Engineer: 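Hey, got a structure here with ritonavir, can you help?
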Number of protein chains: 2
Amino acid sequence: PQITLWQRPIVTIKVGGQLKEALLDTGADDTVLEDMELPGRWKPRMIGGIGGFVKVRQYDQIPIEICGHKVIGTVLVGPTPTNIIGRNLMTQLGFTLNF
Amino acid sequence: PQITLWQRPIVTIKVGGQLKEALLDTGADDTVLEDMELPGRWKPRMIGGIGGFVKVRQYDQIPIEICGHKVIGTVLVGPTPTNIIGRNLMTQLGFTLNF
Ligand SMILES: CC(C)c1nc(CN(C)C(=O)N[C@H](C(=O)N[C@@H](Cc2ccccc2)C[C@H](O)[C@H](Cc2ccccc2)NC(=O)OCc2cncs2)C(C)C)cs1
């Protein structure tokens, strides 16, 4: 299917057993979710964006369902204002930009 | 054209006579450029990002060529690591996300 950009491209995801809404974001290298618990080891990281930087925890090999399809990759967790699905997971679903 | 997302979706733009690089960003409502000179008056705007909020200058009705296509719209100028083409201008080109 085709997703329009007249509105924010927000989709439902399932991660860590929880259902959430998240923004499909071609301008994000990585996926960043509002603070939550995830299984396994993690390492601290600083990620930068428009307002400056925030400290997050990086969990690797985390499974996520997006649009029902199951993908796996790195997920950063911390005080982000909204959940963001980055290119690292978008590629796994075969997403492209077209015009 | 079709753009995959294994690397950052960077395109060439032309604004105020100058060629620049910019990131195609579906997760951005608006277009934000690094400090530069633009004609006309500006008005104040606060935009929010991952790191919080920042003051930018809002210039309305600015012509930009993106991939040689002319768009005319609002451009925000302020502190940013990268020029960002947001949904306001991506919609003028007819960009969609597809999988
Ligand atoms: C130039 C160099 C430093 C670059 N690094 C990168 C890799 N990096 C750091 C990222 O992708 N970082 C992501 C990001 O913020 N990307 C950004 C572009 C950018 C990149 C680097 C530095 C500054 C801005 C752009 C992202 O789409 C974010 C997503 C978002 C949306 C709402 C709330 C929080 C976040 N969009 C926004 O910040 O919107 C700003 C707004 C515009 N108009 C109204 S609000 C994080 C979410 C992970 C790309 S270019």
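Throughout, a chain's letter reflects where its sequence line sits, starting with A, and its residues are numbered from 1. One-based numbering, in listed order, for ligands and for the atoms of each.
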Engineer: Give the name from the PDB entry for the chain that makes the most contacts with ritonavir.
Structural biologist: Protease
Engineer: Which other chains show a non-hydrogen atom at a distance under 4.0 Å from ritonavir?
Structural biologist: A, B
Engineer: Using a 4.0 Å heavy-atom cut-off, which part of A:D25 comes near ritonavir: side chain, backbone, both, or neither?
Structural biologist: side chain
Engineer: Just let me know how A:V32 lines up against ritonavir, side chain, backbone, both or neither, with a heavy-atom cut-off below 4.0 Å.
Structural biologist: side chain
Engineer: Atom 15 (O) of ritonavir: which of A:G52, A:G49, B:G49 has the nearest heavy atom?
Structural biologist: A:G49
Engineer: Is there at least one pair of N or O atoms, one from A:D29 and one from ritonavir, spaced under 3.5 Å apart?
Structural biologist: yes
Engineer: With the threshold set at under 4.0 angstrom, would you say B:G48 reaches ritonavir through any of its heavy atoms?
Structural biologist: yes
Engineer: Output the list of atoms in ritonavir that are nearer than 4.0 Å to some heavy atom of B:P81, sorted by atom number.
Structural biologist: 1 (C), 3 (C), 22 (C), 23 (C)
Engineer: Hey, is B:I84 touching ritonavir through its side chain, its backbone, both or neither, going by heavy atoms under 4.0 Å?
Structural biologist: side chain
Engineer: Numbering the atoms of ritonavir from 1, which are under 4.0 Å from a heavy atom of A:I50?
Structural biologist: 23 (C), 24 (C), 38 (O)
Engineer: If I apply the N/O under 3.5 Å rule, does B:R45 come out as touching ritonavir?
Structural biologist: no
Engineer: State the binding site of ritonavir (non-hydrogen atoms, cut-off 4.0 Å).
Structural biologist: A:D25, A:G27, A:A28, A:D29, A:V32, A:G48, A:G49, A:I50, A:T82, A:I84, B:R8, B:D25, B:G27, B:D29, B:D30, B:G48, B:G49, B:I50, B:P81, B:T82, B:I84
